[PDB]
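Figure: REGN10987 in its bound pose on Spike glycoprotein.
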Amino acid sequence: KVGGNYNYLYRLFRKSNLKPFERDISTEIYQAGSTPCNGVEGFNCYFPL
Amino acid sequence: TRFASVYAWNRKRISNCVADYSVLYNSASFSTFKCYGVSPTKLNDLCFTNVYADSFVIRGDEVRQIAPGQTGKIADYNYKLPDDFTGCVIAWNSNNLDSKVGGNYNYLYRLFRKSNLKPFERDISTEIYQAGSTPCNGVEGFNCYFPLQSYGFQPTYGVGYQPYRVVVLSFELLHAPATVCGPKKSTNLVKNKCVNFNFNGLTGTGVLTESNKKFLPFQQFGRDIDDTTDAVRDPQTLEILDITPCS
Amino acid sequence: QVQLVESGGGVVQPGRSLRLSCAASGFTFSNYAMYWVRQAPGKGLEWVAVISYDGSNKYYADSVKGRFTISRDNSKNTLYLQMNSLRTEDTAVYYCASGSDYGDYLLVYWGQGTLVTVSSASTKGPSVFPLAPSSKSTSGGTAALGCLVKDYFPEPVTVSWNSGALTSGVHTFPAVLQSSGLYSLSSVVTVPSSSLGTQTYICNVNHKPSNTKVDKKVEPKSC
Amino acid sequence: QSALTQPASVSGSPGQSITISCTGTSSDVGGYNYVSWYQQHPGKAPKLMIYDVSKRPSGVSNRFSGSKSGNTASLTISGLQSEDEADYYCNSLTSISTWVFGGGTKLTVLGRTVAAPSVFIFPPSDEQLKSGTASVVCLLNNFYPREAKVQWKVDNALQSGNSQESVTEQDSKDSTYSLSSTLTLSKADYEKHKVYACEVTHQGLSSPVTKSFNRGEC
Ligand SMILES: *[C@@H]1O[C@H](CO)[C@@H](O[C@@H]2O[C@H](CO)[C@@H](O)[C@H](O)[C@H]2NC(C)=O)[C@H](O)[C@H]1NC(C)=O
């Protein structure tokens, strides 16, 4: 569509690769808190989709 | 404390060293970090034959131009990258240091060129540009303008105007043995237990013990008559260990 | 440590030209902008115009704009301020500051400063007047007596007491500008009742610019 | 100068935390986050330990913190100590490209208990009266904290404009301060009136203290 269809999304990254035919809907920001990144719930560490 | 003006960006060659990238992506001081075809943590995992590092000063709005498939005054006239650029870009804000009350004219950037730079092409020429019908041929005057521009890094401007410092790094192909790598792990040793081990590349499972065998200074690990690993030298304390298969 | 020393404090009539300077050491003076700051006795800090790192640009505040001009020497690591249209209120202590690696817009490093004196009078000696002890000042066996200093030209003056040896407590206060355009201060010493009528108390006032000293004695009044 | 506005004074016990605000027009403060703060000590030039509102230079205590809000920026001093007792000033850069200082704020850290002043009054000297001028002096001795107020009264009628107040530095042993007030009058005006008085007010006193002398006695 003109301006780009935003109805289709892909997983930018995950903790570990999926198992065959695995499916997940878990959409939570990957920050893990801790010293490396912003505390959990934060948006510093991008977004999963 | 001598960051290069973008029109004459400097280049640094790094080789034969342990490239510890852990601090770089852990440090929050870097306002922007970007890797094209590469991942941050993987940099410690990866090894390269040789890597370069470029540095230049540009304001916030111009930082957006440092990327493949991007254009602009900085990207085209000062510093151009290829679209297949397999490297990373690091930038951070330097407003207080770079900005001067009346504008930091000690830094310069190119305004004119007769053609856009090819990838990694460098040009510090100062020929007076022909901005009109007059064949200036290096003489100042009407429609005859100095190709370079001095930075107006005044403190009294917003974030977009304020200066930034940028570092761009890339790595060569595997035409020869690698020379730069991320730091390796060095865990505590164990004895008289069945363990998995990976000393340098030697990987195996067995119970360990210090023995009487006398390796020469250059020998790293022993071998048996049947060609099975039979001893190993600890690379931290250089003590000689002996390996026995797990019962 | 980065150091700045201000020099050029002088005594001058109002309106007549005057010069202020300060030299830097220990860093790249040419790299950073420079500032001037002035402070009055018992008051806050006031800002003075700025000059760029290379001296190509300047910005002034209206209170000093036009009256004062700022210049720099990057080979001598020194700063200058050319002054005109001075007033009595312009009498103050002036500091100069600079930016640094922290920021070019910061007043990071400061010197001890120098003093500027402006008034319409000419060289004159001071006068001292005693403040005798009395029943009004005496309370709980302790009496207070002091000396007062009349104006002079130029500044400054200081006060001392024979109580410097007779170690009883002594207090002196910063001078205050009178309507005459010259400053005055007070000096006091607290003494016991028994000493009154039995020991002499003396106050001394110094005026170096004219190499003049004045002594005054205090004797109890019947009050 | 067109100085930035700051609160007059604050006080607290050692170890407490106090904040000082600095405010100005949008162009002065709100325009940019370059606010900085200065500290001065007796007989010394001012020192700057702040930059970009919150950052701490080297050779600076860890007890300084700052924040910005709207047209105002504030500095917080935690772990108050006796060394912190001073007058504090703020500076900001205007869109005019000129730097502006604040009016000042005085902070007190209560390292010692309150001390009330001893009040004394002085008539003019005989020699000055013979010269042709009259000056009257009032003394405040060894009080803490530093803040104090004084009034001059002649024939129990208040006077203004003809007197000035001065204050000493800190006492080297008592940690207290002293204040002086001097009133000047002409010989005819001195002859007109007969009673002269000075009045003092302090934090630790429930009501002002008045001292006076009579020309018929002094
Ligand atoms: C690797 O590093 C370790 C730790 O610093 C070295 O171990 C020390 O070696 C010295 C002798 O050079 C001993 O005196 C110390 O007691 C050792 N300390 C520890 C904690 O091991 C080791 O020698 C180094 N080896 C190499 C090859 O660099």
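Numbered from 1 within each chain, the chains take letters A, B, ... in sequence-line order. Displayed portion only: the contact tally does not extend beyond what is shown.
- In the structure shown, the parts corresponding to REGN10987 are chains C and D.
- By chain letter, the other chains having a heavy atom closer than 4.5 Å to REGN10987 are B.
- A heavy-atom cut-off of 4.5 Å gives the epitope of REGN10987 on chain B as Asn95(B), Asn96(B), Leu97(B), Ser99(B), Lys100(B), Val101(B), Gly102(B), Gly103(B), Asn104(B), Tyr105(B), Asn106(B), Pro155(B), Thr156(B), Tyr157(B), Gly158(B), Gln162(B).
- Lab note: paratope of REGN10987 vs chain B (heavy-atom cut-off 4.5 Å) = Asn31(C), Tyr32(C), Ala33(C), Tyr35(C), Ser52(C), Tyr53(C), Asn57(C), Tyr59(C), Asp101(C), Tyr102(C), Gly103(C), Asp104(C), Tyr105(C), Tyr32(D), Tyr34(D), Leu93(D), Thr94(D), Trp99(D).
- The dominant UniProt domain at the interface of chain B with REGN10987 is BetaCoV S1-CTD.
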